[PDB]
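Drug fluorouracil bound to macromolecule Uridine phosphorylase A.
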Amino acid sequence: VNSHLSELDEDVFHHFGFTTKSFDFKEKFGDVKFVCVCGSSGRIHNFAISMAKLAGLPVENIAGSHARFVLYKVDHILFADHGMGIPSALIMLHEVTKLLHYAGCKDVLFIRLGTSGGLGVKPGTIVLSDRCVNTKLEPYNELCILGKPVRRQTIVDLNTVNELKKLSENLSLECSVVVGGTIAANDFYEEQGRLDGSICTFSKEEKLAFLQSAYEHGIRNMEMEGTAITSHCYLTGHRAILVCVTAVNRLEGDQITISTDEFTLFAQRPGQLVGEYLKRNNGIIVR
Amino acid sequence: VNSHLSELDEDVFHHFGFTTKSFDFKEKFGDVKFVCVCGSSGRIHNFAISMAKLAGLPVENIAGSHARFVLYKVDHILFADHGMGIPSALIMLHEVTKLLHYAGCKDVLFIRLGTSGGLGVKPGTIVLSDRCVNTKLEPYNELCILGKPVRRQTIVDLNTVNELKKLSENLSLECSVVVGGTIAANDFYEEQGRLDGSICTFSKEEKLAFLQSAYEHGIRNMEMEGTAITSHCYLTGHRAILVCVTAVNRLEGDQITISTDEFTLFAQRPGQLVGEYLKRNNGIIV
Ligand SMILES: O=c1[nH]cc(F)c(=O)[nH]1
Ligand SMILES: O=c1[nH]cc(F)c(=O)[nH]1
């Protein structure tokens, strides 16, 4: 545990815009067993609204006025956004895991409901990550702490992934549910092998050798935070999974050509699976 | 210029929610000579609104409604947010610099208006970066492209920095303006030497040895995107500066203990200086 936290009279959650004196954390958050996250404040809000409807229950922002992130709560589930990229995700992760610790919450499941680029699967596919790796296909998150290199192993809650897959096989979703590996990259364009950024120093041949090699190593999609979420939660005593929809088949192209409406439809598909899971696993109270 | 863009009949700006077919880019953006950016959509909008008032001109969002980023324009200035951290900033950088390319804009100045942790300066101090380095004080942005390590030199437009410093002396700011080095970190907590994250593997003494050393190497503040902005712009034919206020003295602590109201006042100080600069040098029409 971080003993330095005891030195504080009050802990200011800078990016959520509240402090430990804002509410009673044990009373307020003590019953939380799940945290659902994604890059979009609007989308995670909508998801929380859907969970409230399922709970038979407005879903009001718990975060303060000038916060970078939103925070909602529906029964035993916390909802937060985390922007895009490992650094932004680590800001959310630090402050939410502190919150959870202060509330007395242990062994919480974090669920990332994101969007991603697919490898060898159709757009709209749900990929359940069975491992999260960097762009060198290594299951580690890399950090530089006090100027020194550190690596933290990525651990996916595989027992839960398998339960979700089994669940999906018994459901009627309008998409395939693929279990496979997930590359987290530190950019949307060049690090993801895109030819269509403002800069590109490689050929299509080199792009496809990179992506096809990843495919052969079991990778089925690519996003920007996976290695942060699945390394940090384990180290703070929690569990984590990634449930991402694909928005493009990167073996065919780079551009996101589907409509805004179609993208929104696709992005809601992880929530449709996960929502029923949460319902069956005491995420909400069925009223 | 990326030759592969000519392989697109249409170029979708995914995170801005429009396309090359959405506008006549030459007609709409051709006059842009400045891009002001920061992590907050609300704060960059308020700054654009302030520049609009200066120009004597509602500032409407140009980006799509379901977009990750906002985009505004006041005369020759473009405004956008970029979230927090290098990956997010790179997303804005690629799409905005493509936009400028399509619009025929050349030698544009990117201005990041951020907040930061200070080293040995008082909270509310404006730091003008005269270099942007990683946590090892190296003037490079690091990338892993097709799984291979790539480094890109950071280049701050120093001529503009010097002009800003000189300008600030002639203004009446309630703060000091310091030219100094800026560290970009891939985290707010552990990578910035904070003792107050959910994980900490070091002591107060190890924190202070690390930051005091950086101070001695001329670092005066610390944020999360400097190396991306100052390496990317140069390589795409543009210029870039960082103008960041400090919200805490990291040699004294980690927590941001100033009120939300004071933080907001502080966060507006970069725009106050930069706006005077843009007003003098053809950012707007008065
Ligand atoms: O990080 C990503 N998010 C969403 C995508 F569609 C993609 O290709 N990459
Ligand atoms: O990246 C940062 N932004 C703002 C701060 F106050 C800080 O310490 N670090």
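Sequence lines map to chains A, B, C, ... one by one, in the order shown. Following the PDB entry, chain A residues are numbered 8-64, 67-296, in order. The residue numbers of chain B are those assigned by the PDB entry, with the residues present covering 8-64, 67-295 sequentially. Each ligand, and each atom within it, is numbered from 1 in the order the structure gives.
The full list of places where fluorouracil can be found here is ligands 1 and 2. Heavy-atom contacts below 4.0 Å between fluorouracil (ligand 1) and other chains occur for A. For chain A, the entry records the source organism Schistosoma mansoni. Residue-to-ligand polar distances keep A:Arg259 apart from fluorouracil (ligand 1): every N/O pair is separated by 3.5 Å or more. Restricting to residues UniProt lists as binding uridine in chain A, the heavy-atom distances under 4.0 Å from fluorouracil (ligand 1) involve A:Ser125, A:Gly126, A:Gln201, A:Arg203. Ranked by closest heavy atom to atom 2 (C) of fluorouracil (ligand 1), the top entry among A:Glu234, A:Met93, A:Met231, A:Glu200 is A:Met231.
For atom 5 (C) of fluorouracil (ligand 1), the closest non-hydrogen atom on the protein side is A:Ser125 C, 3.3 Å.
Remark: fluorouracil (ligand 1) atoms within the under-4.0 Å shell around heavy atoms of A:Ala256 are 6 (F). Here A:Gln264 has no heavy atoms under 4.0 Å from fluorouracil (ligand 1), in either its backbone or its side chain. By the criterion of a heavy-atom distance under 4.0 Å, the side chain of A:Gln201, and not its backbone, is placed next to fluorouracil (ligand 1). Near A:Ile265, the atoms of fluorouracil (ligand 1) lying under 4.0 angstrom from a non-hydrogen atom of the residue are 6 (F). Ranking the protein heavy atoms by distance from atom 7 (C) of fluorouracil (ligand 1) puts A:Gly126 N, 3.3 Å first. A heavy atom under 4.0 Å from fluorouracil (ligand 1) is present in the following residues that UniProt lists as binding phosphate in chain A: A:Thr124. At a 4.0 Å cut-off, at least one heavy atom of A:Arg203 sits close enough to fluorouracil (ligand 1) to count as contact.
At a 4.0 Å heavy-atom cut-off, fluorouracil (ligand 1) does not touch A:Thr255 at all. Considering backbone and side-chain N/O of A:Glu232, none are found under 3.5 Å from N/O of fluorouracil (ligand 1). Among protein heavy atoms, the minimum distance from atom 3 (N) of fluorouracil (ligand 1) is reached at A:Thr124 O, 3.5 Å.
Near fluorouracil (ligand 1), within 4.0 Å on a heavy-atom basis, the structure shows A:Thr124, A:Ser125, A:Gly126, A:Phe197, A:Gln201, A:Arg203, A:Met231, A:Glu232, A:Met233, A:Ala256, A:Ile265.
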